[PDB]
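The structure under discussion appears below in the form of structure tokens.
Letters A, B, ... mirror the listed sequences (proteins, then strands); counts begin at 1. Method reported for this entry: X-ray crystallography, 2.0 Å. Order of listing sets the numbers, starting from 1, for every ligand and every atom in it.
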2 protein chains.
Amino acid sequence: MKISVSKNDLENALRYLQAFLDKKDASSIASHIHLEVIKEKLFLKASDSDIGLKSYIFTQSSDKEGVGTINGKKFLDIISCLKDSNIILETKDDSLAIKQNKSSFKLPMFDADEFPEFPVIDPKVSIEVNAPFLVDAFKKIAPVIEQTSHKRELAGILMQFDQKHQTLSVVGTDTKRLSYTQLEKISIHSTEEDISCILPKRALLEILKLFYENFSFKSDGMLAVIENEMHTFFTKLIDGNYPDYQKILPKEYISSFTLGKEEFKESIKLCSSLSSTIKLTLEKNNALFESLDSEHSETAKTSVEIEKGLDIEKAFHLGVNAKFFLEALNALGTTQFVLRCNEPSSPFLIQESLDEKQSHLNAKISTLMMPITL
Amino acid sequence: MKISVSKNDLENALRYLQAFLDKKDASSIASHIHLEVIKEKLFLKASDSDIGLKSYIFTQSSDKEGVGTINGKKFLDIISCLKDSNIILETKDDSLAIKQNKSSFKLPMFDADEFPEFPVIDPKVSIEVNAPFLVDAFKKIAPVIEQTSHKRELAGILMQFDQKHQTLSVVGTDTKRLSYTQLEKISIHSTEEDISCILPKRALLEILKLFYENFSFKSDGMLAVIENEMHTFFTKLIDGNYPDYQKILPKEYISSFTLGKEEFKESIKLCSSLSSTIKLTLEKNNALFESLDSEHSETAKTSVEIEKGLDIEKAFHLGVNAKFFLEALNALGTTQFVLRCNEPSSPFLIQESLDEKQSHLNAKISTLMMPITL
Ligand SMILES: C[C@H](C(=O)O)c1ccc2c(c1)[nH]c1ccc(Cl)cc12
Ligand SMILES: C[C@H](C(=O)O)c1ccc2c(c1)[nH]c1ccc(Cl)cc12
């Protein structure tokens, strides 16, 4: 191989690749990036049985095509220390030479055949994502999912496609809260009417770094492959039977309250200075907040006026987990929210104000949460 | 006690105080700040046998004078969550009440008599620091000092006062490098012609957060007390016999080279991507840099043109520790530096370009460093 490339193009590609390297043992090919120069592109890949990324940059010049490997961390550390002007990469046996005016480096290459082949699938489902709504869903639902969950299928996000009705339902839960959205009018191409994919949390986080809009999502029910102009990503899927989220959602709610999002955030954060759980009291024209699990001589209280009166007689009391309630608020796009309740001992819902209205470049995420007793 | 205070004044004071609290065991008075309201001031202190801080803020109103205590971390966490408008602090038995419009808190106070008395000294030496030169010295020399040094007197910075000659010499070493400056024309008030104070590294770091200029420094040879308008700080001194730094500095240097500071930083950083130590080669019109301790198939090289020729025949070679050499450069205020050498196996000096010229609001820090053999 012998090429010249743009310093900034190469730095960028390498930063994205760092997440897919096992960097600690530099002696192992798991710390290296595979390189391949073909027809005016440098392809760079790092991969695994269960997750991987392939990218390319255009070569400024390309003189010798072929393949090789290089330690990814060291490569990125060298290139980040050079000026913003072309870099020459050239093999010299089982070594890669890096050159930029007076600065020169040599790093060892490993056998390129030891690199795992980058997998390709025959898709059973596919979509073109032309707007940010899916990543928006991903980002808003991610905090409810535990990556190190000892329960296998909850350690990822559900994507549930309905070809019939052109919907993609997206769901996360950790058993204490469950956040979901149903995306409308998605042109789904599928060999099945209804198909489901559970994506590991770790892949979800990597997707949020790589993709925003204008990408394809394709799955064979075993791997998902996500692709845009410069990147191909893949992940193993989690093995299956995601819980029936539809069965767990309440059918109706005794009470529905429209409440101020930012005033509830500030009030909850304030009380959480001394407690992880809060007693919320709703009256007609007031919301009161009190630390609940505080140490017994430590107390935080606040309140907020509700100008447009709630439909309450006396007072409804609800124990909440502060962090979870805030995360539910953080996932909302509106200035107000709706809190839907049944008994104080049963799960309650948090959603956007006017949640039926249809929005094209944002998802609308609802959260069901289990209350704290008392 | 019952006062009202400014939210921002109180937040600031509390942040500075966090460093002097043992925060993990909330049940111990070592996690609390002592409070005392006298004559339109709230005094806040946190202290130890060996280090401490006392601050004050003005009260907006003061109704009941007295004393109390409060958990410092919790207090700061509450106040950081309130609006930028007055806060009422009021005792209610062995509890402190905090109130701001609709928001109210209670925290437990401990017995104020269990708080250690804040020490006062009869000074043997004293100065008024009216400019940033001393903190500038502190900041530039601090990186060479190991706080967890198993050698007692090297775990701090030397301050060596000469009443006769109105100088304050300031020195740090970790045995591999030694950085020093001698500050001129300091009005020293002392009962001795020559006196020395070794300040612990930990106190040095706290001083850099609290003080800049317009402060007094006073010592009895056992504690140092540093004071400005709003703060009194103290520290135990380290017990003594700081090494004779003057004896360890070479008398003359065979070679002195004026070299480019920023070009040497970039070159060293670049080579340090693969190695902690570097081979520097100086020729007449070039400086060459090569990684030295790199893994044997990994190599970094660069060079820089020296336009105004050095006074060299063939080439001088010097092994350096990259991190130390950079820290020595970082401590300099000029665009160029002077590198003074004897044999490549002996210590070499790094100083500012034109180091004799006298500068009033910056210190000039020189660094002696032991080379790496080969
Ligand atoms: C079936 C699955 C499981 O038990 O792991 C499951 C997962 C999440 C929930 C649940 C049951 N039952 C629930 C009730 C309320 C909420 Cl917020 C979440 C859940
Ligand atoms: C006396 C003291 C010690 O041995 O601990 C000491 C401390 C620092 C140095 C030294 C001797 N001899 C040296 C030679 C060079 C340098 Cl940079 C520092 C030192």
Quiz item: Which macromolecule makes the most contacts with ligand 1 here, by its name in the PDB entry?
Solution: DNA polymerase III subunit beta
Self-check item: ligand 1: drug
Solution: (S)-carprofen
Quiz item: Are any other chains within heavy-atom reach of (S)-carprofen (ligand 1) at under 4.0 Å, and if so which?
Solution: A
Quiz item: Any non-hydrogen protein atom below 4.0 Å of atom 9 (C) of (S)-carprofen (ligand 1)?
Solution: yes
Exercise. Considering the heavy atoms of A:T173, write down every atom of (S)-carprofen (ligand 1) situated less than 4.0 Å from one of them.
Key: 8 (C), 18 (C)
Quiz item: Where's the contact between A:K151 and (S)-carprofen (ligand 1), heavy-atom distance under 4.0 Å: side chain, backbone, both or neither?
Solution: side chain
Quiz item: With atoms numbered from 1 as shown, which atoms in (S)-carprofen (ligand 1) lie under 4.0 angstrom from a non-hydrogen atom of A:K176?
Solution: 17 (Cl)
Quiz item: A:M370 heavy atoms, cut-off 4.0 Å: which (S)-carprofen (ligand 1) atoms fall inside?
Solution: 15 (C)
Quiz item: Which residue and non-hydrogen atom of the protein lie closest to atom 12 (N) of (S)-carprofen (ligand 1), and at what distance in Å?
Solution: A:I248 CG2, 3.7 Å
Self-check item: Which residue and heavy atom of the protein sit nearest atom 17 (Cl) of (S)-carprofen (ligand 1), plus the separation
Solution: A:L368 O, 3.2 Å
Practice problem: Return yes when at least one protein heavy atom is under 4.0 Å from atom 4 (O) of (S)-carprofen (ligand 1), and no when none is. | Solution: no
Quiz prompt | (S)-carprofen (ligand 1) atoms in contact with A:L178 (distance to a heavy atom under 4.0 Å) | solution = 17 (Cl)
Quiz prompt | Distance from atom 1 (C) of (S)-carprofen (ligand 1) to nearest protein heavy atom, with residue and atom | solution = A:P243 CB, 3.7 Å
Quiz item: How close does the nearest protein non-hydrogen atom get to atom 18 (C) of (S)-carprofen (ligand 1), and which residue and atom is it?
Solution: A:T175 O, 3.6 Å
Quiz item: Which covalent bond, if any, links (S)-carprofen (ligand 1) to the chain, stated as residue and atom?
Solution: none
Quiz item: With a cut-off of 4.0 Å, which atoms of (S)-carprofen (ligand 1) are near a heavy atom of A:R177?
Solution: 17 (Cl)
Quiz item: Within the structure shown, which other ligands or ions come closer than 4.0 Å to (S)-carprofen (ligand 1)?
Solution: none
Quiz item: Which neighbouring residues and nucleotides define the binding site of (S)-carprofen (ligand 1) at 4.0 Å (non-hydrogen atoms)?
Solution: A:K151, A:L154, A:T173, A:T175, A:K176, A:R177, A:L178, A:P243, A:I248, A:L368, A:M369, A:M370
